[PDB]
Asker: 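The following block contains the structure, expressed as structure tokens.
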Amino acid sequence: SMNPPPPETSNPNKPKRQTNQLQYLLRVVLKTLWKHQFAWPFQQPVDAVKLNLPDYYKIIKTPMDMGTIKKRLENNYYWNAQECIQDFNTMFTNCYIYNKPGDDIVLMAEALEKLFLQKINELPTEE
Ligand SMILES: Cc1cnc(Nc2ccc(OCCN3CCCC3)cc2)nc1Nc1cccc(S(=O)(=O)NC(C)(C)C)c1
């Protein structure tokens, strides 16, 4: 195959904002998920060439990963928390679409998602 370029993480033409919810998403949510024992397959874009998955980007047209999310948060790429939450959800969904239920990678994603939802429930209120 060829891998696609990774998702954009910095846009000089996109307005930037720093809020307590976005700060929480970086300093608590991203941080906590990153350190999970099953996080590492989700820490960078899927290298479908290295993994020998010629159909990966035929099926997954909206790829997302936590390396990308980390950079977007760092670069104040998001205007609001929902845009970031959507990226996490896209990452999980992508795993559940490409892989069979019960597969080891799916069980890993499910562990991360449970933790994610726990942290999102404790999202601070704005301002
Ligand atoms: C985010 C993500 C979503 N889906 C997948 N699916 C997937 C990945 C690789 C696959 O290859 C199957 C056969 N090989 C697996 C290792 C020996 C040969 C089959 C399916 N992988 C993902 N990431 C991933 C990243 C790095 C390594 C691997 S892995 O192939 O080592 N799979 C685990 C053992 C981590 C479950 C997987």
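Residue numbering in chain A adheres to the PDB entry, whereby the residues present occupy positions 42-168 in order. Remember, it's 1-based here, ligands and their atoms both numbered in the order they're listed.
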Asker: Which drug or candidate compound lies at ligand 1?
Answerer: fedratinib
Asker: Would you mind finding the main macromolecule in contact with fedratinib and telling me what it's called in the PDB entry?
Answerer: Bromodomain-containing protein 4
Asker: Does the protein put a heavy atom less than 4.0 Å from atom 30 (O) of fedratinib?
Answerer: yes
Asker: Among all protein heavy atoms, pick out the one at the shortest distance from atom 21 (N) of fedratinib; state its residue, atom name and that distance to 0.1 Å.
Answerer: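 Here the closest protein heavy atom is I146 CG1, 3.8 Å.
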Asker: Curious here: most residues of chain A touching fedratinib, which UniProt domain are they in?
Answerer: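 Those residues lie mostly in UniProt domain Bromo 1.
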Asker: Among all protein heavy atoms, pick the one closest to atom 33 (C) of fedratinib and tell me residue, atom and distance.
Answerer: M149 CE, 4.6 Å
Asker: With respect to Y97, determine whether any N or O atom, backbone or side chain, lies less than 3.5 Å from an N or O atom of fedratinib.
Answerer: no
Asker: Quick one: nearest non-hydrogen protein atom to atom 23 (N) of fedratinib, plus distance?
Answerer: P82 O, 3.4 Å
Asker: Mind checking whether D88 contacts fedratinib via backbone (N, CA, C, O), side chain (CB onward), both or neither, at a 4.0 Å heavy-atom cut-off?
Answerer: neither
Asker: Identify, for atom 8 (C) of fedratinib, the protein heavy atom at the shortest distance, and state residue, atom and that distance.
Answerer: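 That would be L94 CD1, 3.7 Å.
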Asker: Number the atoms of fedratinib from 1 as they appear, then name those within less than 4.0 Å of a heavy atom of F83, with their elements.
Answerer: 1 (C)
Asker: Taking heavy atoms under 4.0 Å, what residues and nucleotides bind fedratinib?
Answerer: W81, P82, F83, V87, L92, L94, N140, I146
